[PDB]
> 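Just dropping this structure here.
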Amino acid sequence: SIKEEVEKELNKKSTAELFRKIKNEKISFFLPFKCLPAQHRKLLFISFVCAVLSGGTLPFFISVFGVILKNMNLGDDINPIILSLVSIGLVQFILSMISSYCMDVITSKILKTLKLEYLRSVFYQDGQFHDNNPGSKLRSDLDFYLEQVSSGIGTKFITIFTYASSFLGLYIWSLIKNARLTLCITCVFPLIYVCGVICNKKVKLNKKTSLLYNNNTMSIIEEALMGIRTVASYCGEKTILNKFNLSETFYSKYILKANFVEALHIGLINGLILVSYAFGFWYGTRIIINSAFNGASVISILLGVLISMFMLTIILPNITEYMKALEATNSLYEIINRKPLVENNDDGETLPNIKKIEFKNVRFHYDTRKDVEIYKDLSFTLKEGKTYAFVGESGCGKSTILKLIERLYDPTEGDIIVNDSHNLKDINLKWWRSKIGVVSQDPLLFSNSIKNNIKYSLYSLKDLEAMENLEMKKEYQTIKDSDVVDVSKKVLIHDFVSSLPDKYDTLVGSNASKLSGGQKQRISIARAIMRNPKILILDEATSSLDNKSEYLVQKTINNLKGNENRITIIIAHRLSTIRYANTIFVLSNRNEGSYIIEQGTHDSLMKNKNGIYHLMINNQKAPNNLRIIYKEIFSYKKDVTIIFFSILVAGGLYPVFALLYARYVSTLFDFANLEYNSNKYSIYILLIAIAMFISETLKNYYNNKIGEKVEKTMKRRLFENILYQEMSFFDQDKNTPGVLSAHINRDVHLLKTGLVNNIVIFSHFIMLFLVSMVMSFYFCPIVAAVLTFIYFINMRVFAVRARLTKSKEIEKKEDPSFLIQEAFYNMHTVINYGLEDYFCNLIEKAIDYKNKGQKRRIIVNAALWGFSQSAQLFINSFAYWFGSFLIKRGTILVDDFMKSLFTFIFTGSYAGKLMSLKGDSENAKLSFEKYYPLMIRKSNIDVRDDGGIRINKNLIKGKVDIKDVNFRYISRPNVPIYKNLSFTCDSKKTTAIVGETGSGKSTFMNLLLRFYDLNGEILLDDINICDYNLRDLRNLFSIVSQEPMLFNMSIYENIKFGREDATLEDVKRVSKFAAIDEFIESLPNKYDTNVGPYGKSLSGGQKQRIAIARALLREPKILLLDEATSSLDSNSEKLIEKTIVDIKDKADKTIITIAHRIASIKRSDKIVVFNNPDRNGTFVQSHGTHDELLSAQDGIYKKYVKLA
Ligand SMILES: O[C@H](c1cc(C(F)(F)F)nc2c(C(F)(F)F)cccc12)[C@@H]1CCCCN1
């Protein structure tokens, strides 16, 4: 979107801001490297030194460059120095390779470790944290941090040192060779950084004010799209567009000012370099002539200084990423360093046996709703060898009971006394959980096999066997299956499993999906049984069973072992499950705390008294698409020629600088008549600078100008088309507001930052390409041919970075992903049993597949990166050798070679610099193809059409006649609504309507304003509605909806909505007649106050009276009311009813109403009611009563006089 882009642009703090931000909080730079062995702590030194060496390369190359040129011009050999490059290049390659390996063996390790540590903390959550940050969010966080640290810690941390070393070569070498020259050169760049700083603020100050005018448009759009119906009826299509257009302009002008300043500064940058070169050569020559020191030594200075100040452009970004990654990890660290509150030691002193588990006034609140206490006087005791039972709903608080028995929530005052001399906190957690069997509402298991799902609890038991006195992987095979076998016959799951083969050898689906729900419950129950359940707890277990499965489970559990000493619980909705019970506790808070209310059994309370249980058992018992765009563009003429000119200049004049540099180099080695040449060339360089500045500036500025004008003219057509569309269009599902605003706010901005930004680049690149390939071959065909062959085959067959990024992205997408996803669903079941079974299993399933792909990826990619760094050296050397080999045998001179070379090189480099500013085009070429039909679609109801009968307000009758209707919504053309409707309203005569609620009453008004065209036969004054030229038809009705809708504009306009030709005095008189101008007169900005969006700064009564006065202004002939006083407070409702009766006293308008206030209905001179006896539709029962037929026959009016 647009807002996100600008927020990203503005919320981009510098390195100084980050430095001051990290200064106070004191993040350790040792933070990412903490879990390292000392092995890696030494290994890291290798890549450190293997970096600094490779960055001490270029100073040598530069200190031999000038001597190559001197040795070449005046006829001598160059062979030794060539070797003194090539060997050096080789060592660079080696070092580069090595460094890669080191990173891709460090990072992964210190990555992987932290993963498990994070994961560990998730399995020591103290219950409440499962509610705080539940599940998937954490995965939406975790992986994010990985991509924020696996892309800011690798090679991009070390390269800077190389560059630093390179800096720390060049300048100081240039400093020892000479002093004054490089100072007089470098004096200028501070004046560049100054301009950059000064221009950034002038960008931002306009950028924000551009946003102050945007969001207003968004509000205008959405606020209008919700209020489509009132806008349609009241004819405010035009006034909105004025607001929209008046808002666009401020935005456009500000953003264009910003773009202008930006292009200006960029041009200045492309200008100053040339003045730098010129003054450099001039001053150097002058001090040579004053000397009587070589000239070649000058050449090696300049480039070096320049390239030095290139490195500062490219160092700084990488740093930020590292720092970014750094703070990211800090977050995760304080997540591992949390302090859960129910953490274990497996060391709490446990007892021999269980007796006297007592409770006293459980007082506990939810963590969020601290001001909502849950239980008040819950107290009881649970002695060994006793059964119990409970009944309730699924939100009363039994979840907290289960969490208390399980030690997940720790109540404040309620005690957990057990055995009368020990606390559950003194007692071990895991010994407590070892002897517990629970089966929740839904069964929850894992996806390996049935027997191993069962043996998980057994593993949890063997843990206690081996811990208090790595055997775990061995003893688990000691556990057998026959227990599961002879208990599987008891739960009657032998036929389903015997049917298909592979009884338990089969692997069951995700969360054991292949079983039925009841069968998964059978297996969960068998698990609970096999784990020595000292207590069995069901949590709405039978809430989703048919009768047979529940009864079989009941027979299974009622006579189950350990009945001498256990606490069996059976919770459910139906009560027959507790037809037998030794004790039943029931509670309620009948609103700040519950407590036990009743006790008893089934028979001794079903027919004993009229308590709660008795009441419950008694009651319940393509081409042209874009050619359109190109047409709209080339209609512009003044701003196409100028971009064309500046393109030609900036393209076909930069290569000239290459040969100009060459012609200076040659004459720099001829001591005679050297001054005149120096002048004659330096001046030309100045002129080139002057031209390039202007050309680039105007290029960028008019580019942005054109894009802006296109967007402005585009949104207008789209919005002005979509506004007038019909209503059934909006009735569709996929015709949503949000999608449409998204189109308007995204696709067009892509259309600017897409097409027009990409076409210019292609034009400029192609121009430079053609001029160079036409220029070089004229001087030296052989060299240019071979060079083009080399770069072609290199970049299109040995494309190193492309293949590298392919490897990175195809690897970044990535079965531990299956297990890790499976875990966070069955969090409950791992808390039931098994914490470190998977802590170690995931490590294995990761490392088994890590290394084999790791070796191939690293051994392939490190060499690619190494060769990527050490190519241009070899190319330049090969070029010089081939050149001299031709020169000495005398086939081509030196100057043609020099010229062709420099042209080719500088143009290639600059085109590489320039291509990295493109934008997205495919998505923009696709969006247009998507939303083009909407800005052309035919509405089928257009007010703009003026072909029909004209009507004048002076001669309106107000008679209506209807015969029959069978209407069917488009949401469901399967069940009709209206059937055989017919009635009348003669003239200035009330007609009150009352029907069954939801009987389609408030759809009839849609038929009148043609919101839904059409079986059905209307007659207004004995002509059908469809030939009245509806432009006028919506200027004499008026509506008072169930809810009004106020717009962000002030009162004076909303009340003037529709009719601008409305003086303030009309507003005053119609307000006093509306009985409203008493609160408004007593406030500043009387007819000027700005309400909020949707009038959220207002009441209901004032809103309604305003909505009514907005209708009264037109003096509409046929008023249409519908239920305007539903649920208002006393005084406003009173004033409103007063105004209604005041209006209805005057029989000057044919009023229609829908109300249920019999005191006002009786005055109605007509009654017509709509019944819906059976679900077929609606039709009339009574007619022509008008209070003369009070209760004479069976109907609904008799009801609405006695019922109502
Ligand atoms: O063309 C220049 C360039 C320089 C140098 C350096 F001077 F460091 F050896 N190496 C470049 C490389 C290289 F592969 F690192 F050699 C590729 C492309 C451009 C390079 C860059 C790219 C934009 C124009 C000025 N800096």
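By the PDB entry numbering, chain A shows 14-305, 314-490, 518-638, 665-695, 771-963, 981-1180, 1229-1418, in order. Note that ligands are numbered from 1 as they come in the structure, with each ligand's atoms numbered from 1 the same way.
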> What would the PDB call the drug seen at ligand 1?
(11R,12S)-mefloquine
> Okay, contact question: for (11R,12S)-mefloquine, which chain racks up the most heavy-atom pairs under 4.5 Å? Name from UniProt, please.
Multidrug resistance protein 1
> Name the source organism of chain A according to the PDB.
Plasmodium falciparum (isolate 3D7)
> In UniProt's N-terminal numbering, which transmembrane segments of chain A show a heavy atom under 4.0 Å from (11R,12S)-mefloquine?
6, 11, 12
